[PDB]
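A short write-up of the structure that comes next.
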Amino acid sequence: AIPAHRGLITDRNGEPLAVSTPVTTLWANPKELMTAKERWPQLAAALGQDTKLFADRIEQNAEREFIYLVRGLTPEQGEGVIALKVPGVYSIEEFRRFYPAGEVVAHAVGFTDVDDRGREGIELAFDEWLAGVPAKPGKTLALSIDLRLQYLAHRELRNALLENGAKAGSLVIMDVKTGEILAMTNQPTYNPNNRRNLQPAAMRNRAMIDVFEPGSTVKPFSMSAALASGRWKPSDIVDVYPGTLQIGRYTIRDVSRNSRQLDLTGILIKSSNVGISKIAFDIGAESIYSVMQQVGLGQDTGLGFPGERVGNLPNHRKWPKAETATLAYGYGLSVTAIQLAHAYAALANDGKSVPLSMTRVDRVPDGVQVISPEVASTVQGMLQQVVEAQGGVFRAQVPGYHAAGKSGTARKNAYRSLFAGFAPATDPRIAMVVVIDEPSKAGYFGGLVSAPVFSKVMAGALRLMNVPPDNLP
Ligand SMILES: *[B@@]1([O])O[C]([C]C([O])=O)[C][C][C]1[N]C(=O)[C]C1=[C][C]=[C]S1
C-alpha cells in the first residue's frame with residue numbers, strides 16, 4: 001500500500017501548523033539478510049541498535065520473508081544505511097508530521113501516532129479529510145485559529161500562571177459574528193515535535209475536557225431570564241441584607257455582606273448570591289435553565305473532538321428552592337471554557353448564537369436568536385458597568401475601548417479564578433474566557449487573577465484585528 005501525503009493544516013491566514021515531512025522506513029527480507037551475517041554489525045551500528053540484540057532479532061525471524069528494521073529515519077540516516085549495500089535491506093518513503101508553531105498551538109492542532117494517523121485535536125477530528133487514501137493525497141485544512149492571537153494568548157496565560165503560582169489555565173478567544181475560535185491555549189503545554197517522555201497531564205486540552213462550576217460568570221444569563229420575564233428592569237432593587245439567606249437546611253452566603261438594597265447592576269458588581277437567588281425565586285428556575293440550555297451551557301458543542309466533555313445542566317420537573325438558587329448563582333452545573341465562551345459570544349452578538357467552528361468560516365451560517373436583541377443589549381450595558389463602574393472589575397478595563405464582562409471564583413482551600421467578557425462593548429467583535437486553576441498567591445478572586453489577563457489579551461487581540469477604538473470624545 002502506497003502511503004498518501006497527509007493534508008496541510010494552516011492557521012486562518014495560511015501559516016503552516018502541521019506539515020508532512022518525508023522519512024525513511026527500512027524493512028528486511030531475513031531470508032536475504034541471513035546470507036550476509038558479516039554485514040550485520042555495520043548495519044546494527046547504522047540503526048543505533050546493539051550488535052548482539054540486532055543479531056538475536058534477525059536469527060529468531062529467519063523464517064519471515066518481511067520484518068521492519070526501523071521506522072521514521074530522516075532521509076539522510078536512510079541514505080547512510082542504503083549506502084552500506086547490505087543484501088535483504090529495502091526502504092519505503094513514509095510521512096511524519098512536523099509542527100512549526102510547536103507548544104504554542106499543541107492542544108488545538110494535536111498530533112499523529114506512529115502510523116501517520118490522528119491521535120489528538122484537529123489531526124484526530126479531521127483525520128478523514130487530512131489522511132487522503134493509500135494513492136490520492138489528503139486535503140489542506142485552514143483553522144479558525146489566528147497564530148498572531150494564539151501566540152499573544154499563549155504568552156499572557158503562561159506569564160499569569162507563573163505570577164500567581166497556578167497549576168493550570170485555559171484561554172479561549174471567539175469571533176462573536178462567525179462562531180470561529182481565534183485562539184485556544186492551555187497551561188501546562190507540551191512540544192508535539194518531542195513526544196519521548198512527557199505526561200498525559202501536559203497533553204490535556206483543558207479548554208475542551210476540564211468541566212467546572214462556572215459560578216458568578218453565569219449570573220448574567222440568570223439576569224437575561226429576569227429581564228425577559230417582564231417582571232424586572234435594571235433600576236429595580238433587591239434587599240440582600242444580611243448577605244445570607246436560609247433555605248431549609250441550606251444557607252445561601254454572599255462573599256461580601258455589607259449591602260442591603262442593590263439594583264440589578266449592583267447584584268452583578270457585588271456578585272450577590274442572595275440577590276440573584278431572590279430574583280430566581282420570583283421568575284422560576286425553568287426560565288433560567290432554558291436560557292442556559294439555549295446559549296449551550298452543558299450542551300454538545302458539535303465540534304466532534306473525541307474526548308470532548310459536555311458537562312451537565314441539571315433539570316427538574318418541580319425545582320426545589322435550593323437547586324433554583326444554586327443554578328442561578330452558577331453552582332450545581334458543570335461547563336467547559338469553550339461552552340462559556342460560546343455563551344458569552346451569543347450575548348455579545350445581540351443574543352444570536354452562531355455555531356462554533358475550529359475551521360476558517362468563509363460563509364457564516366445563520367445564527368439562532370436565543371436571547372431577544374433588547375435583553376442582550378441591556379445585559380451588555382450592565383456588564384460594561386461591571387467593568388467601568390465604581391467598585392467594578394477595573395483590572396478588566398481595555399485602554400481605548402469599552403470592555404464588558406463578569407468575574408467568577410469557585411472553591412474546588414484551592415480556588416478557580418474566571419473572567420468572561422467581550423469588547424468593544426458598543427459593537428462586540430471578540431468574546432474571551434480566562435480560567436486559572438489554583439492561584440497560590442494572596443489574591444485569588446476572578447477580578448484580581450483572571451481580569452488583568454483578559455485586559456492585556458483583549459487589548460492585543462483588538463489591535464491585531466484592526467478594530468477601531470470606540471471610547472472617543
Ligand atoms: B462567584 O463565583 O464569584 C464572586 C467573586 C468574583 O466575581 O470573582 C463571588 C460569588 C461567587 N462565588 C462564591 O460564592 C464562592 C466563593 C466562596 C468564597 C470565595 S468565592
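Just so you know, residue 1 is the first one in the sequence shown, and it goes up from there. Each ligand, and each atom within it, is numbered from 1 in the order the structure gives. Note: hydrogens, waters and symmetry copies are ignored here, and every other heavy atom, side chains too, is used.
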**Message:** Help me out - what's the drug at ligand 1 named?
**Reply:** vaborbactam (bound form)
**Asked** Of all chains near vaborbactam (bound form, ligand 1), which one has the greatest contact count, and what is it called in the PDB entry?
**Response** Peptidoglycan D,D-transpeptidase FtsI
**Asked** Where on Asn273 is there a heavy atom closer than 4.0 Å to vaborbactam (bound form, ligand 1), on the side chain, on the backbone, on both, or on neither?
**Response** side chain
**Request:** With heavy atoms only and a cut-off of under 4.0 Å, state how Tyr331 meets vaborbactam (bound form, ligand 1): side chain, backbone, both or neither.
**Result:** side chain
**Message:** Can you tell me which portion of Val255 lies within the under-4.0 Å heavy-atom range of vaborbactam (bound form, ligand 1)? Options are side chain, backbone, both, or neither.
**Reply:** side chain
**Prompt:** Which atoms from vaborbactam (bound form, ligand 1) have a heavy atom of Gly408 less than 4.0 Å away?
**Reply:** 2 (O), 3 (O), 6 (C), 7 (O), 8 (O)
**Prompt:** Which vaborbactam (bound form, ligand 1) atoms, with their elements, are less than 4.0 angstrom from a heavy-atom of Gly446?
**Reply:** 8 (O)
**Request:** Take every heavy atom of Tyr329, measure it against each atom of vaborbactam (bound form, ligand 1), and state whether any distance is under 4.0 Å.
**Result:** no
**Message:** For vaborbactam (bound form, ligand 1) and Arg253, I'd like to know whether there is a polar contact (N/O to N/O, distance under 3.5 Å).
**Reply:** no
**Message:** For vaborbactam (bound form, ligand 1), which is the ligand I care about here, please tell me if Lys219 has any N or O atom under 3.5 Å from one of the ligand's N or O atoms.
**Reply:** no
**Asked** Just which atoms of vaborbactam (bound form, ligand 1) are under 4.0 Å from any heavy atom in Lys406?
**Response** 7 (O)
**Message:** Is there a covalent bond from vaborbactam (bound form, ligand 1) in this model? If yes, I'd love the residue and atom.
**Reply:** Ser216 OG
**Message:** Evaluate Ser407 for polar contact with vaborbactam (bound form, ligand 1), using N/O atom pairs at a separation under 3.5 Å.
**Reply:** yes
**Request:** Check each atom of vaborbactam (bound form, ligand 1) against the heavy atoms of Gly215 and keep those under 4.0 Å away; list them by number with element.
**Result:** 2 (O)
**Message:** Mind pulling out the residues near vaborbactam (bound form, ligand 1)? I'm using a 4.0 Å cut-off on non-hydrogen atoms.
**Reply:** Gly215, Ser216, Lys219, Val255, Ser271, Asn273, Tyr331, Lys406, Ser407, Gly408, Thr409, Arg411, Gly446
